[PDB]
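Figure: structure with latanoprost acid.
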Amino acid sequence: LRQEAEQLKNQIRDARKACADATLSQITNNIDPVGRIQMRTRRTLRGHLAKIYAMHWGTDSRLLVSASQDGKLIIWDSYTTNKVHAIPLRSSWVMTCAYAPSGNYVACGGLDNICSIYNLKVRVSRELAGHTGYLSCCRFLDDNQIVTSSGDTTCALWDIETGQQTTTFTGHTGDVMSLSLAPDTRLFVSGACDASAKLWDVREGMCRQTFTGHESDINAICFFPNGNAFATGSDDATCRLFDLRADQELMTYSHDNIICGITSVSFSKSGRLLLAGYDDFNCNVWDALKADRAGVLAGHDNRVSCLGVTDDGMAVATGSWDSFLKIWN
Amino acid sequence: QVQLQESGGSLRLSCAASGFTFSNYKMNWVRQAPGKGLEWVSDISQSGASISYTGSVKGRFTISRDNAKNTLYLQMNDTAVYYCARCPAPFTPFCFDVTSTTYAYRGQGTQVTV
Amino acid sequence: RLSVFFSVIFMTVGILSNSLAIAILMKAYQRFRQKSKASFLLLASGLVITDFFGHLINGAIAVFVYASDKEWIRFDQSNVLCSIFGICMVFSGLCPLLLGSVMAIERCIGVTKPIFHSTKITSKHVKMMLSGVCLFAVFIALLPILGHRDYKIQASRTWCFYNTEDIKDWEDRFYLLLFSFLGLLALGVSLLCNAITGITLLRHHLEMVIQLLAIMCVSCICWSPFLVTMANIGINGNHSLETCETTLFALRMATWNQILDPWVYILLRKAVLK
Amino acid sequence: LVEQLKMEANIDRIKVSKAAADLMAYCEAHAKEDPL
Amino acid sequence: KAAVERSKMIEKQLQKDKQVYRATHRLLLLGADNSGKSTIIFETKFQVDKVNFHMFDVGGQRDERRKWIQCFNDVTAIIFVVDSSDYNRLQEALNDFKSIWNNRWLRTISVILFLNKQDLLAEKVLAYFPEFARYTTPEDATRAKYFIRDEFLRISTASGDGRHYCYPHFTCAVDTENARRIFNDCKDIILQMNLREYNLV
Ligand SMILES: O=C(O)CCC/C=C\C[C@@H]1[C@@H](CC[C@@H](O)CCc2ccccc2)[C@H](O)C[C@@H]1O
């Protein structure tokens, strides 16, 4: 069976090579480059006693949520810096958090293999407990459905009102670290500790395509605004842009001065800029088309753990291990 | 695609690596005896620096790496299935999950019978 | 043989040392804050800020005094300038001694009994202690103003301090004795705490022992003659006492302590030097 | 595992030039409103 | 505005939470399955001399532990339990200790090393490593046990000098002085952290 697998792998590689006639860099040679982008810190949010592990912007572009090591899930009002909510967790090993699109529910989870869902109307409303490994990322499809990825090499689609695993996605050979939902909310992607990202159909429940060009574990993933591409960041100090229709890697964002992996990846509203949070205590803003570093965001005393971009693209929120969350404009 | 193809099976076991920059990772040779679990055997750094061997093979085995050809050699002179494994991340002097049941960056391995 | 050159050179050295100390302290506090409470860093920041501000204000007033050709009559009709200069001198003298004593106490607590120091102190107590030390120093400085007496101009015609060159009532003697006793008590507490810490560490250890020895020797050598002279003046009636040269060779040997505090506390460490 | 590879190998792929052109067109169209 | 009042209330609650959080010492318990880690996620909270220790033992996830270990970066210490009786699996424990010691994110965490089941080792010795033949016991208190201790200390002192320390201990299955040793080691770790802060290291 191994020989057949190698045969289809060679056929896939040959088809991909034949399909690729030009390169993105060659096409993006006659366009004007983005000028030196210098984004300044407008707000800083304090109150977390320990390192911040994840964050998620609200769909109203104003409120956000952040989870820290001290077992605290704090919901901030970004505009006035005033704190809105503070939820204590049963376990202080939270690795991810999420904000419901309607703004009524907030989910988190971690080393306890439990996806806790709190109702903001703050009492815990549901505990989804079906995973075998740590839960690494959870995203909200609706107030009744959620998609999670665990460290047991599986993803899941849960129905919240019942508490059961409606669908399970298998195929990863390593711990799944991050996932991103397409804007159509019908397809999504998952990056694992396997140097391979995969595309899952939510309704069908079967993997459509697998993109493997990386060299080490993938720590973060984000989806292009138009829904036909996505960028992944890994531990080999590189970011990569993959295209859905061509099913091949398009551009590689890296410089010969970085020896640290990427812990967070996000796009701008128009997709022209790609923001990558690094373990070197700073973030980099790349030109997503010219593959040239257009700017650097510095000011964190520890590694940037989470990075997000506002829905309307008016701000970028970065949370690092320095127990501080900074908003850049 | 991270590919590690092992060959061979005194012996001169070889491991050819492709899909990544070879001279950037710290490599290990691992074995699995039949009926037992995975056991780490030998380890070499990314530049021929300090080399580690398990207690039972010290002096008796040799391990080299040809960075120009992107290959890893293990010269020996027990019966087991041998694998060549890579450190999960580059520029790092430690391998964490090499001796694991399901490792993503480990080759197929070759049988050696004595 | 008195000139403003001493004042300006002491000024510039002090400001430069304290500015470098503040910069390196801010960097180190950014690095160290996210591991525990940095009580020592906060206390050192208070000390260097106090030294900087005292140096700047007192040296500026001294330079102004020198520039006016010591014509003390026609610029202070109500002698407000003398009172302000004396208040600034008393504060800039008393605050560093008490701050060093409190830093030594905290270091002794954190070295001899580290678990109690880490668990049951927190940074709020340290902030309150620093603020209270500053307030106590400013209150002791304000005490002569809050009383009935006023700061007099010393025989050197270049600084304002307590009433020394006169056999006054019990108020001047009380104030002089109070200042000298506070200085000596702070010196003794700092010496005892540093000796205890060094003894415990002897039984990064060498670096701490060397730094504690340097702190002890510098503080004692550069602060003993001034406080001893003030004690002698207060206990006596100044009829059988020292002269102006000794007092001046003691204001100028204290100023050197104020200059050397940021060097000896922070800038001389191996990590900072490299 | 082999079935997954067979299924993934039986899809239609669009040339890289078209994908690059579409990405460039989207970026050019939406650059005017991006606050960054 | 009520929002500012709510923010002030939450800030006061967070100050109280910081006060309680700073007084609890968190420890991570690691070791092989054969090593008697239980006898020394399951969370065990104990109290020594009015000091609160909270030890977490993680055994619910898979064997790939290069990703969830990073969640224990700010832990006070790693209590590493080694079954010194079993010679066959000793090299596996040595590899685990070396990987823990040389990790980038755990390069500043001290390891309290317990060498469990000393009675079994003593019984086995009285009627794998070729280096044992040319070995002599040091001038320490009261040969195989000290050899294993030196084998661990070789890796301990090979790298990371001045950043973290390894504290060996010889523990039996019925030894009740483990809490005192953990408390003393934590006290020394706090003293070392204070010294490093005071010298601006
Ligand atoms: O006219 C002469 O020569 C002497 C006249 C002195 C007048 C001002 C001295 C100034 C110093 C102030 C330092 C500050 O810490 C006070 C020290 C101090 C406090 C308390 C008791 C004793 C001494 C500056 O550094 C430069 C300038 O000289």
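Convention: sequence-line order gives letters A, B, ...; per-chain numbering from 1. No hydrogens, no waters, no symmetry mates; every other heavy atom, side chains included, goes into these values. Whatever order the structure lists them in is the order used to number ligands and atoms, beginning at 1.
- Per UniProt, the macromolecule making the most contacts with latanoprost acid here is Prostaglandin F2-alpha receptor.
- Other chains contributing a heavy atom less than 4.0 Å from an atom of latanoprost acid: C.
- Checked against UniProt's transmembrane annotation for chain C, counted from the N terminus, the segments with a heavy atom under 4.0 Å from latanoprost acid are 1, 2, 3, 6, 7.
- According to the PDB, the organism given as the origin of chain C is Homo sapiens.
- The deposited model shows no covalent link between latanoprost acid and any chain.
- Within 4.0 Å of latanoprost acid on heavy-atom distance sit the residues C:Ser7, C:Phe10, C:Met11, C:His55, C:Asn58, C:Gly59, C:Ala62, C:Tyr66, C:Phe85, C:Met89, C:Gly93, C:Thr158, C:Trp223, C:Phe226, C:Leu251, C:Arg252, C:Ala254, C:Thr255, C:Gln258.
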